[PDB]
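Figure: structure with primidone.
Each chain is given a letter, A onward, matching its sequence line's place in the list. Residue numbering for chain A follows the PDB entry; the residues present correspond to positions 921-1016, in that order. Quick note: numbers on chain B are straight from the PDB entry, i.e. 30-64, 92-515, 523-566, 607-781, 834-1048, 1056-1145, 1155-1232, in order. All chain C residue numbers match the PDB entry; in order, they span 1162-1232. Contacts here are counted within a displayed part of the entry, not across the full deposit. Both ligands and their constituent atoms are indexed starting at 1 by order of listing. Atoms considered below: every heavy atom in the structure, side chains included; atoms not considered: hydrogens, waters and symmetry mates.
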Amino acid sequence: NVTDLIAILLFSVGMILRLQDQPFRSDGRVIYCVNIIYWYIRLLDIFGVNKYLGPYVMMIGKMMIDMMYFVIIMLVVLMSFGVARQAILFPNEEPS
Amino acid sequence: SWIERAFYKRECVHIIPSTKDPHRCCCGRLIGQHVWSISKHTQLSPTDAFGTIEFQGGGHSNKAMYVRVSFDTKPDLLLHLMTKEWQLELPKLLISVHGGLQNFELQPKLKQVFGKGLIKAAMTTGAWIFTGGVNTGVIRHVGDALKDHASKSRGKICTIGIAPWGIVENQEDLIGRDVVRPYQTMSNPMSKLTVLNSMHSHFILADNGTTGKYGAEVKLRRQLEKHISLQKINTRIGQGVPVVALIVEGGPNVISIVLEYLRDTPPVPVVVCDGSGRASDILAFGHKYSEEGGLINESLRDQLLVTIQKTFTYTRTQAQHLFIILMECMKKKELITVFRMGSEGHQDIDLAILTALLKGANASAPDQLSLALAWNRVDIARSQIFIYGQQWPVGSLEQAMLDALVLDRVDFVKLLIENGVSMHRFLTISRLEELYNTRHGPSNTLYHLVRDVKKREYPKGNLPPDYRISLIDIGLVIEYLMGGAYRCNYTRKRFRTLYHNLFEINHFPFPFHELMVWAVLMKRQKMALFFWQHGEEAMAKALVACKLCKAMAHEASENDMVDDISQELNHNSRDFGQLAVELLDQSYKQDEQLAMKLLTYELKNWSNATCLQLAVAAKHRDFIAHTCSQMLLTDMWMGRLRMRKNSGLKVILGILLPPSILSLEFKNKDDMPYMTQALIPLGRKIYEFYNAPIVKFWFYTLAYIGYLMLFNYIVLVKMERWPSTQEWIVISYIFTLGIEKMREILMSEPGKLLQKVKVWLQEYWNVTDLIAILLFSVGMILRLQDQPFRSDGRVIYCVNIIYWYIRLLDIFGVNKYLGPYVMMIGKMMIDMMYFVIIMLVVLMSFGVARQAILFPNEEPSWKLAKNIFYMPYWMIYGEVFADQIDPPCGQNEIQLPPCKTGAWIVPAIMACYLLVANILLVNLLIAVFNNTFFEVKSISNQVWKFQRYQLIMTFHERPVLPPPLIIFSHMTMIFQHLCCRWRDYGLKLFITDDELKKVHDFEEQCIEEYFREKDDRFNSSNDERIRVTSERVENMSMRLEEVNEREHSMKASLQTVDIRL
Amino acid sequence: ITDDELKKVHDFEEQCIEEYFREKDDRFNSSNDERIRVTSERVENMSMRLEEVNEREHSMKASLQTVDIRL
Ligand SMILES: CC(C)CCC[C@@H](C)[C@H]1CC[C@H]2[C@@H]3CC=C4C[C@@H](OC(=O)CCC(=O)O)CC[C@]4(C)[C@H]3CC[C@]12C
Ligand SMILES: CC(C)CCC[C@@H](C)[C@H]1CC[C@H]2[C@@H]3CC=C4C[C@@H](OC(=O)CCC(=O)O)CC[C@]4(C)[C@H]3CC[C@]12C
Ligand SMILES: CC(C)CCC[C@@H](C)[C@H]1CC[C@H]2[C@@H]3CC=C4C[C@@H](OC(=O)CCC(=O)O)CC[C@]4(C)[C@H]3CC[C@]12C
Ligand SMILES: CC(C)CCC[C@@H](C)[C@H]1CC[C@H]2[C@@H]3CC=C4C[C@@H](OC(=O)CCC(=O)O)CC[C@]4(C)[C@H]3CC[C@]12C
Ligand SMILES: CC(C)CCC[C@@H](C)[C@H]1CC[C@H]2[C@@H]3CC=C4C[C@@H](OC(=O)CCC(=O)O)CC[C@]4(C)[C@H]3CC[C@]12C
Ligand SMILES: CC(C)CCC[C@@H](C)[C@H]1CC[C@H]2[C@@H]3CC=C4C[C@@H](OC(=O)CCC(=O)O)CC[C@]4(C)[C@H]3CC[C@]12C
Ligand SMILES: CC(C)CCC[C@@H](C)[C@H]1CC[C@H]2[C@@H]3CC=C4C[C@@H](OC(=O)CCC(=O)O)CC[C@]4(C)[C@H]3CC[C@]12C
Ligand SMILES: CC(C)CCC[C@@H](C)[C@H]1CC[C@H]2[C@@H]3CC=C4C[C@@H](OC(=O)CCC(=O)O)CC[C@]4(C)[C@H]3CC[C@]12C
Ligand SMILES: CC(C)CCC[C@@H](C)[C@H]1CC[C@H]2[C@@H]3CC=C4C[C@@H](OC(=O)CCC(=O)O)CC[C@]4(C)[C@H]3CC[C@]12C
Ligand SMILES: CC(C)CCC[C@@H](C)[C@H]1CC[C@H]2[C@@H]3CC=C4C[C@@H](OC(=O)CCC(=O)O)CC[C@]4(C)[C@H]3CC[C@]12C
Ligand SMILES: CCC1(c2ccccc2)C(=O)NCNC1=O
């Protein structure tokens, strides 16, 4: 319900931006697409009523914590390789 | 409101005679407390004190109904009150407990034994206990016994106490009309009035008008006991309910009560107890020292006189009068049963009570047997009624057998069968019809089944209430519940001819079969398990009972009945299935070949079926997955071939190179002839080889794998205007296979076409087959036209090639490892579908967001919906489309197109989508597949082992020739059908009579082994041994303590003897 | 619900409470551990009081021997 109200405030911001002229209309459109992402996940919660889909959804929510720890370890290894590759292959770079 | 309008009461309206105390009237109440006709002048009125009593305090809370009644009321009305308003059934036994009104204490062992006896006697026979009501003396001991009863037994012992209304404390507390009135169990010691006993069940509190005086209830209680004893018991053999009179202690009046009981028509037995004292002890001292009843000599006469004058403290003439009343009692010495603590006094209250009832009835042994049947006491019947030398009337034992059967008494049927009654000489058609029309015992759903089959047979409706269910209707019920082509013996023409001509020819050859079916139909599980043990064809009976219980459970669930009935019927079905499995285990352990002969022989008493067919028709997965049934199915699979070494290759060599058949080792002519309906050696070998199920399956498989290549050739190479030779072969294969599938629709098990189609559509691989033959017909019709329809027919041909490769997967289903693998895949499709649903939500969210950001100015077109699903779906399988993740734009490298607004969001939500999909959901489906692998694997193995039978029966019923040449065999069947018109699906054995007797004797040996082994395993378990040791140690400690008391007494006697000498 | 239905519900609840408690007492009394403990305590009490029975049997045998010697 609080994610619902956050995505209604976001829709209000997107509508207020869209009802003006350019370049704010495209910004309102960009907000509309993030809203469509949220409403598909709200459809996942609506699937939560079914006797098999519901436990599946909270099972996914339980494995998010293990996913986060995997993300942390992958983040350390990923920036180590990325910084090493970018720092070797591009020696003369300006701050950007 | 009936209770007030039917019962009356009396209140003290007198002249207030003072006598001794001026406040105390003739009724004893206070002189200002007012508001028989002799000196009390009482008036009659409707009652105002009746309802329910909530006993507050005294430990356990117990609710007791109560009425205040007049002492002169007719006992029939009160009997109607107990039977109707209090909802109490007529008891099988009446107990009248009498004793001293003064409080007394007994020995602890005597009190414990008397309490346990009175509780068990009221519990097993379902008796009524009649006490004095108030919580004094013997009724207080009965109340302590009932307190112990509510501490270790789930009985609601009906213990109606009758007390004077004027003597119970707090008379104003019990005033109401159907009103729950609380009561106090506390008793003031200063008040002469006593409270009621706390844990009685009902109260017949009787008012004569007076208060604080007794005598208002004795005549009413005696008349009510007489009126109950005049009522006939439910056995209807010609006897009323038995009445016993238990006496503990007592005073002067209980001797007169014993005289009234003994000198009565009919006489009432009296059971007394020893060790309490007073009148019971003088009765015991008279009874031991009696000689020939009233023949009592002078010395014990004077001893009885001095003990009466001492213990009761009376004069000489009062003791002489009491001794005269004692001798008048003792003239009827046979009725009085004396219980003695310890010694040889039956060591129990209840053996004394029930033996006293049996010889107080003094009737024939049928009457005693019907009394024991009503009391549900098999043990007393065995130890008294069936003693040695007992004379039995002719035909009475079979009547008792019928009465025991209709009342659902397992142990009485066991006792009667062990005592000479035989089922073959007893069970007739009329007796079985009476058993099928009984109304006693537990409830059943047979009447619903009879109503349904009567509605289906004659579309009437509800049956009349006075409907006698014939055996033909029972046969229709069995035919409906069994299903398929089952035909009960009742509905055959021989039985209908015997029924019309009669309503040892009427006796059943296998009476335990009919008793098993009747016990299963009316849901009497213990009697069904007893009837399973006795008789032949045990495994067939178990499988038939399993299918019948499952079908009755399904019908009870379908008719919206009580769900507990359906659960109990499913439990009965599972118990019978477990019995059949254990019998198969025992038969496999003893002899393998005789177990095969047991499994395959035709059951003439069960519609010519087979034990394997009965197990398959009951979906018994554990029966067919057993090793004996599996290797039996393997023997059915090879046909008339020994072989059994390097399978597959030898029959493929036989099919491809037919001279290899002659070198194959064939089976004997009568080794195991599984048949359906009951140069020359070279032709016999060829016919025996080509009709084997494994040979037919490999011929059909090698034709399938030569059809699939031809289909591949015609779809890969181009086609001209007319089809080539290989396409004509493929078209011929499809048409002959379609004709074969219609022939499987026609030659099915049911009789009406819609049922044939409905049975055929359970095999999903056949309806998918027919769908892909209709699709081929559509594709051929489109292809035989000109362009552009020819390419459409080609496009349909490729979807057909996809289906036929999956049909090859089902053909791999025959192999012992590939088959369970295929159904394992089919089980994981559901988890795959749920993963598809979650992936679909995440996939369209990313696709819609990406397409809506990167393409702002778009017209309505169906390419948007394609672009939603196109690239995010291939993003899962290692193709991220790296050139389109974030192309450079808004710069000059040639002028690039300008940057779309918010186009930087697309790689970020791409990152979140790829992470969630590829890492979360795929690994979660890995975990789902992994943690449900073991159960699915075991279930798939067992289901494949079950479906081996369906595969074997299908490929044995198939034509010999493969589908591209099956039109010759189809014309052969058409010509044979036309010849038979112009002029039994299974594989049985059809053994002879001596082989049948050998098989039956093997089955009885297996049944005895299985049951007894189970008894030996139960008796040798740790739990049963520990329980037996604990019970023996308890009995040993308490009787051993009695040995110690006797050892102390013997040491005292030896010390006195040594002191004397 | 009404008052008669309330009384029926309350009586059903008391029946369920008695069933649950007593069933628990029956399950406790029929367990292997409680049976083994009761058997061991009864056997101990029986051995020690039985040893007292033996001492009294020796005394009674001595008294019977003395009485036989006297007569
Ligand atoms: C288009 C792109 C950006 C993909 C979107 C990815 C995420 C924004 C989504 C994908 C799956 C979603 C998850 C799917 C399942 C659940 C469980 C559900 O939570 C519960 O049911 C509460 C109980 C529990 O957490 O166990 C809702 C949140 C959560 C973590 C969701 C949070 C948002 C997630 C990570
Ligand atoms: C360890 C794992 C589980 C998480 C770490 C990965 C993300 C934090 C990275 C991977 C891809 C990255 C994105 C790749 C490309 C872009 C586009 C970039 O925008 C531009 O460069 C502007 C347009 C242009 O110049 O072409 C802004 C950052 C962003 C969204 C990046 C944000 C950070 C992301 C999502
Ligand atoms: C940029 C590229 C070159 C990637 C770098 C790869 C390796 C140099 C890193 C990646 C993960 C590292 C490992 C992550 C975790 C551990 C456990 C940790 O060891 C302990 O905590 C000691 C106890 C134990 O070994 O169980 C430190 C070493 C080790 C093996 C690390 C050794 C170095 C590894 C293999
Ligand atoms: C332990 C781990 C998580 C540390 C990872 C740190 C880096 C990812 C961060 C920290 C410092 C950052 C730098 C801090 C300062 C700058 C200067 C900045 O220059 C400008 O914005 C241009 C200045 C101007 O012209 O106004 C460009 C990004 C950069 C290189 C940042 C790039 C990203 C860096 C290396
Ligand atoms: C029993 C099972 C395991 C195998 C039985 C199937 C094969 C013996 C069949 C199925 C596909 C057939 C092929 C399908 C198509 C052709 C093309 C055909 O060539 C032509 O029609 C044009 C040239 C010519 O006329 O010879 C020659 C036969 C051949 C190779 C066939 C040879 C026999 C094959 C391999
Ligand atoms: C029963 C089916 C399902 C499997 C049995 C396989 C064989 C009996 C079939 C399969 C492919 C057939 C072949 C497919 C094509 C040809 C080409 C055909 O060539 C011609 O007729 C040449 C002259 C012309 O083009 O008319 C001769 C028969 C032959 C060898 C066929 C012979 C019979 C074969 C080997
Ligand atoms: C060329 C492309 C289109 C690939 C084709 C994909 C599907 C059309 C196929 C691939 C695997 C097939 C499955 C493989 C295994 C089985 C088990 C089998 O079912 C049984 O044996 C019944 C018992 C059970 O379902 O457990 C046949 C259906 C099914 C689900 C199949 C259904 C059709 C599937 C999904
Ligand atoms: C969540 C997962 C498990 C299932 C969702 C994926 C499918 C439903 C999608 C992914 C790829 C899609 C296909 C991608 C491309 C096409 C071609 C398209 O045909 C054309 O565009 C015509 C030819 C042309 O214009 O080039 C028709 C839809 C179809 C089959 C799409 C149908 C829907 C598909 C199978
Ligand atoms: C909860 C989830 C499953 C919802 C997903 C819905 C979308 C995938 C569907 C629903 C509405 C559909 C739209 C409904 C109407 C049109 C107009 C249609 O326009 C035409 O056919 C052209 C009209 C003409 O010229 O005749 C093109 C497809 C499109 C955009 C559809 C594209 C697919 C949409 C967005
Ligand atoms: C619910 C799960 C278990 C199954 C997945 C079902 C849907 C996700 C599939 C099935 C039917 C599919 C549709 C079948 C046909 C089309 C037409 C297709 O149209 C074109 O490609 C037009 C040609 C072009 O302009 O490129 C676009 C995809 C779409 C809507 C498909 C979108 C995805 C759908 C809805
Ligand atoms: C079409 C496949 C097949 C077949 C072949 C081998 C094994 C199982 C099934 C057949 O060729 N004719 C009978 N029924 C069939 O579906």
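In the structure shown, the parts corresponding to primidone are ligand 11. Against primidone (ligand 11), the chain with more heavy-atom contacts than any other is given by the PDB entry as trpm3. At a heavy-atom cut-off of 4.0 Å, other chains contacting primidone (ligand 11): B. For primidone (ligand 11), the heavy-atom contacts closer than 4.0 Å come from B/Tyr855, B/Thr856, B/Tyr859, B/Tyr888, B/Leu892, B/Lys896, B/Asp924, B/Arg962, B/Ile966, B/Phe1117, B/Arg1120, B/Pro1125. As recorded in the PDB, the organism behind chain B is Oryctolagus cuniculus.
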